[PDB]
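Below is one structure, written out as structure tokens, with a few remarks after it.
In order, the residues displayed for chain A correspond to 10-414 in the PDB entry numbering, which applies throughout. So this one's X-ray crystallography, 1.6 Å, going by the header. Note: hydrogens, waters and symmetry copies are ignored here, and every other heavy atom, side chains too, is used. As the structure lists them, so they are numbered: ligands from 1, and atoms in each ligand from 1.
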Amino acid sequence: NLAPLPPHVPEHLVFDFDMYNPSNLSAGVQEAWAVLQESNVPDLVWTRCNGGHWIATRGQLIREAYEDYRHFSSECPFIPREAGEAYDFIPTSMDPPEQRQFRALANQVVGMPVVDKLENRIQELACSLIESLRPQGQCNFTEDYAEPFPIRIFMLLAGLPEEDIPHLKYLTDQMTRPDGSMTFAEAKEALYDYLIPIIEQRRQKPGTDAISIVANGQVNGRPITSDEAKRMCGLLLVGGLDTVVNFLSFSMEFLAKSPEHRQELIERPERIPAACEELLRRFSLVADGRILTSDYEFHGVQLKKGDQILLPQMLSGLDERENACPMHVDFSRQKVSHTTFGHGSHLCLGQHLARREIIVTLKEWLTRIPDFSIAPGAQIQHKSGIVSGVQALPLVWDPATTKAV
Ligand code: HEM
Ligand SMILES: CC(C)(C(=O)c1cccnc1)c1cccnc1
């Protein structure tokens, strides 16, 4: 299902990429997207899939478009257009200077000082989850750790019932890796039905949870509205439920396959932080975009006002012009260059939270379960979308090689 090419698009710029179902999926999701950086592919292409849109393929263009909010607006950041259209999260569907005030609040809730406060719980939950898995010699990493770990910390931050996990996660999943079961707007509405009552309750009777702070915050000297709060919280939810969750499984899947990488971390733990950035570069997973606010000529291509452009965060660090041997994991690269957490005004506020969760997991898993591998005859499947994922990650190990702490 290719849409007829608009008049302004030179046929030589066509490259029919399906962000939802790339061709090489079997080879891995990052590998499937990297096809866009092959020699035969222009720097800026048009795809007729998902209704027709541009895709910038190089770290340089992505960062440029990201910096340029005058031309490239966050107003309609999702493809297909109907999704970008229905998209109304804050601060994400706003451009500076408006974005700034909401960002400042969102920072209050997820920023550094919060992580610093949550640290012991993060470490507590990791250790507990791992210890519980250890003696089994086998899990479903995706369902066994990658989901509970980051989710439960979020649920704690947000003050929401663990019981709501399944329902929330389903809906979150519909936004980033649509099934066909529901449209973005339906998914969005349903999360909204969830939130409303909660916000109301927390405007009346404030807690110390993230939702309470958001619901009662100040923006531009006045009180946030209910609708604004509902709209920030919607973003926070997706961030908590759908980001770190997917990242951990790619990393884990790599670790399962590379004994030498595991060992390196065990003997030279001072390398963990460096390793985490490298894994963030290699297993980068997000791809959203922007809308053209006007006609504009960008690197010699004419973009028409209203044109959508996918600026895959994923691709910057995979770009050879940016990283030598991009597909190779090397914990000792002189310069790890990525835009995994975005670029420009929308740089991810939850990055601090995500790094703390990644580092704790590596340190804590390796400690207890130094030696593991993918289950025999398990075929690992990746999934593409706004946020890519791993479908299931069967791991096996000998309990006898584990260490209890
Ligand atoms: C692997 C982990 C994550 C990755 C790769 C990631 C990636 C991103 C990206 C690329 C953006 C910018 C989107 C744009 O420019 O349209 C973003 C924004 C944002 N992320 Fe993260 N995210 C992650 C985890 C988190 C977590 C755990 C939270 C907190 C619950 C969070 C909260 C935010 C917020 C609030 C924004 C909006 C900032 C603004 O619009 O000013 N993210 N994230
Ligand atoms: C692409 C993006 C920004 C994403 O991956 C994300 C979501 C919340 C926090 N951090 C990143 C996203 C995903 C789903 C809904 N809105 C935004």
PDB drug name, ligand 2: metyrapone
Partner of metyrapone with greatest heavy-atom contacts, name from UniProt: Camphor 5-monooxygenase
Species of chain A according to the entry: Pseudomonas putida
Closest approach of any protein heavy atom to atom 9 (C) of metyrapone, naming residue and atom: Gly248 CA, 3.4 Å
Enumerated metyrapone atoms positioned under 4.0 Å from heavy atoms of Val247: 13 (C), 14 (C), 15 (C)
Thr185, portion touching metyrapone at heavy-atom distance under 4.0 Å: side chain
Any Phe87 heavy atom less than 4.0 Å to metyrapone: yes
Nearest option to atom 7 (C) of metyrapone, as decided by whichever heavy atom of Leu244, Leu362, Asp251, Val119 sits closest: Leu244
Shortest protein contact, atom 5 (O) of metyrapone (heavy atom only): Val396 CG2, 3.3 Å
Part of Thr101 within contact of metyrapone (heavy atoms, under 4.0 Å): neither
Atom indices of metyrapone within 4.0 angstrom of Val295 heavy atoms, with elements: 1 (C), 5 (O)
Nearest protein heavy atom with distance in Å, relative to atom 17 (C) of metyrapone: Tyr96 OH, 3.0 Å
Protein contact of atom 11 (C) of metyrapone - nearest heavy atom, named by residue and atom, plus distance: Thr252 CG2, 3.7 Å
Residue selection (non-hydrogen contact nearest atom 3 (C) of metyrapone) among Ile395, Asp297, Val253: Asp297
Other-chain residues near metyrapone (heavy atom, 4.0 Å): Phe87, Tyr96, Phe98, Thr185, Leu244, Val247, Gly248, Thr252, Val295, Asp297, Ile395, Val396
